[PDB]
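So, a structure with fasudil in it.
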Amino acid sequence: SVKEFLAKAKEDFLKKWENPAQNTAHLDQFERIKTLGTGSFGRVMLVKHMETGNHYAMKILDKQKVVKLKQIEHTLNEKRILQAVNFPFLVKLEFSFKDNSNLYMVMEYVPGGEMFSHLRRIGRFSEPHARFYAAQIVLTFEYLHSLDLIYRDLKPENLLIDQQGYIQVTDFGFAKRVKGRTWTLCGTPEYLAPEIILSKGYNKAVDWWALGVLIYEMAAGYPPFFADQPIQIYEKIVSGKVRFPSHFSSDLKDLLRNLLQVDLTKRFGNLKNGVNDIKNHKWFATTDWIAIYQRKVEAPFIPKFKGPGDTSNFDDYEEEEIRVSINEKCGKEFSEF
Amino acid sequence: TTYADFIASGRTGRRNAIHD
Ligand SMILES: O=S(=O)(c1cccc2cnccc12)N1CCCNCC1
């Protein structure tokens, strides 16, 4: 009954992957309000659809800069995935379009902010708070992995909190739809699995490694491997020498011990029972997996929200002007967008 | 402590990715 859902979710995703969507909107249809996020080739803005007064997050990619930073294939892949996926912890893409200068992606505004701000502010989450989030990530991965997607970019900076206090995943820049193995050095240091650092040729097991780092970081307040510099973090990672704070329950230690397992072939999520080893684990004994899927569980933390189009859970960034050029830029490279 | 060691690394803020 979960396997039928996935087989039906798989066929849905494959249709929308081969026959998708293009120029569903235009830029003067929107009032630009404030920047919610920056990044190397783009920015994300809270916009207001003038026709309807509804608010969205608009992601604005500069075409020239995307070409400079050799990210064409990543931006195209993010868009493609986002219009083909359907799951309650994955953000919805409402419109995409482009002009002479820019690529645009219009998504649902998620007003609760990054988990990251929340976790640095409180310091750590208690085990049940941390478990609530974990459980959402465990189902999301189960979904994406059945589609053959590896996510690769899991960290609190990339998890947002909605109005109900549940998680939304945005950022499929690095996700890759493959069966078998892949070899790219990519990700964020604290969260890179050992096989990635050792240039081994790796698989979806990396994502469960990342879930362990995330569960640890959520319950501790800090990641399990850090240092001044990437290199010295990587040395700690491949050693597999985790120390756990004393407040960690023994049930958490046991799971964490099975996710941060250096060896691929005894890592939870990569064994024969698959994702079921994580779901039947004792740390998640009190966890109702269906009720989580249906969003029917009172969240233990709900972010403050003062009305539609409130940005109080986001940082302030330096507002820049939207430059639209009179000349078309990078038209061939971005035809499929 | 471990907390204090983490502050001493300078990576308590938003962490960037690496690319190729
Ligand atoms: O907060 S965002 O700007 C953001 C992205 C996509 C959709 C969003 C919807 N609502 C709020 C923020 C959103 N974001 C990009 C910056 C890096 N952190 C991860 C998410």
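Chains are lettered A, B, ... in the order of the sequence lines. Quick note: numbers on chain A are straight from the PDB entry, i.e. 14-350, in order. So for chain B, numbering is the PDB entry's, and the shown residues are 5-24, in order. If you check the header, you will see the structure was determined by X-ray crystallography, 2.2 Å. Remember, it's 1-based here, ligands and their atoms both numbered in the order they're listed.
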Which chain is the chief contact partner of fasudil (ligand 1) here, under the naming of the PDB entry? cAMP-dependent protein kinase, alpha-catalytic subunit
Which other chains are in heavy-atom contact (under 4.0 Å) with fasudil (ligand 1)? A
When residues of chain A contacting fasudil (ligand 1) are grouped by UniProt domain, which group is largest? Protein kinase
If you take the residues UniProt annotates as binding ATP in chain A, which of them have a heavy atom under 4.0 Å from fasudil (ligand 1)? A:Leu49, A:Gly50, A:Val57, A:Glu121, A:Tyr122, A:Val123, A:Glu127, A:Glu170, A:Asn171
So for A:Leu173, does at least one of its heavy atoms come nearer than 4.0 angstrom to any atom of fasudil (ligand 1)? yes
Using a heavy-atom cut-off of under 4.0 Å, does the side chain or the backbone of A:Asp184 touch fasudil (ligand 1), or both, or neither? side chain
To which of A:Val123, A:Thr324, A:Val57 does the heavy atom nearest atom 15 (C) of fasudil (ligand 1) belong? A:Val57
For A:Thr51, is at least one N or O under 3.5 Å away from an N or O on fasudil (ligand 1)? no
If we only count N/O pairs under 3.5 Å, is A:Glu170 in contact with fasudil (ligand 1)? yes
Got a sec? Which UniProt active-site residue of chain A is nearest to fasudil (ligand 1), and what's the heavy-atom distance to 1 Å? A:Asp166, 8 Å
Which residues of the other chains approach fasudil (ligand 1) to under 4.0 Å (heavy-atom distance)? A:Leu49, A:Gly50, A:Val57, A:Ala70, A:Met120, A:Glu121, A:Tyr122, A:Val123, A:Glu127, A:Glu170, A:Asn171, A:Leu173, A:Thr183, A:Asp184, A:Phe327
Under 3.5 Å: N or O atoms of fasudil (ligand 1) paired with protein N or O:
| residue | atom | partner | partner atom | Å |
| --- | --- | --- | --- | --- |
| fasudil (ligand 1) | 10 (N) | A:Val123 | N | 2.7 |
| fasudil (ligand 1) | 18 (N) | A:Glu127 | OE2 | 2.9 |
| fasudil (ligand 1) | 18 (N) | A:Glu170 | O | 3.2 |

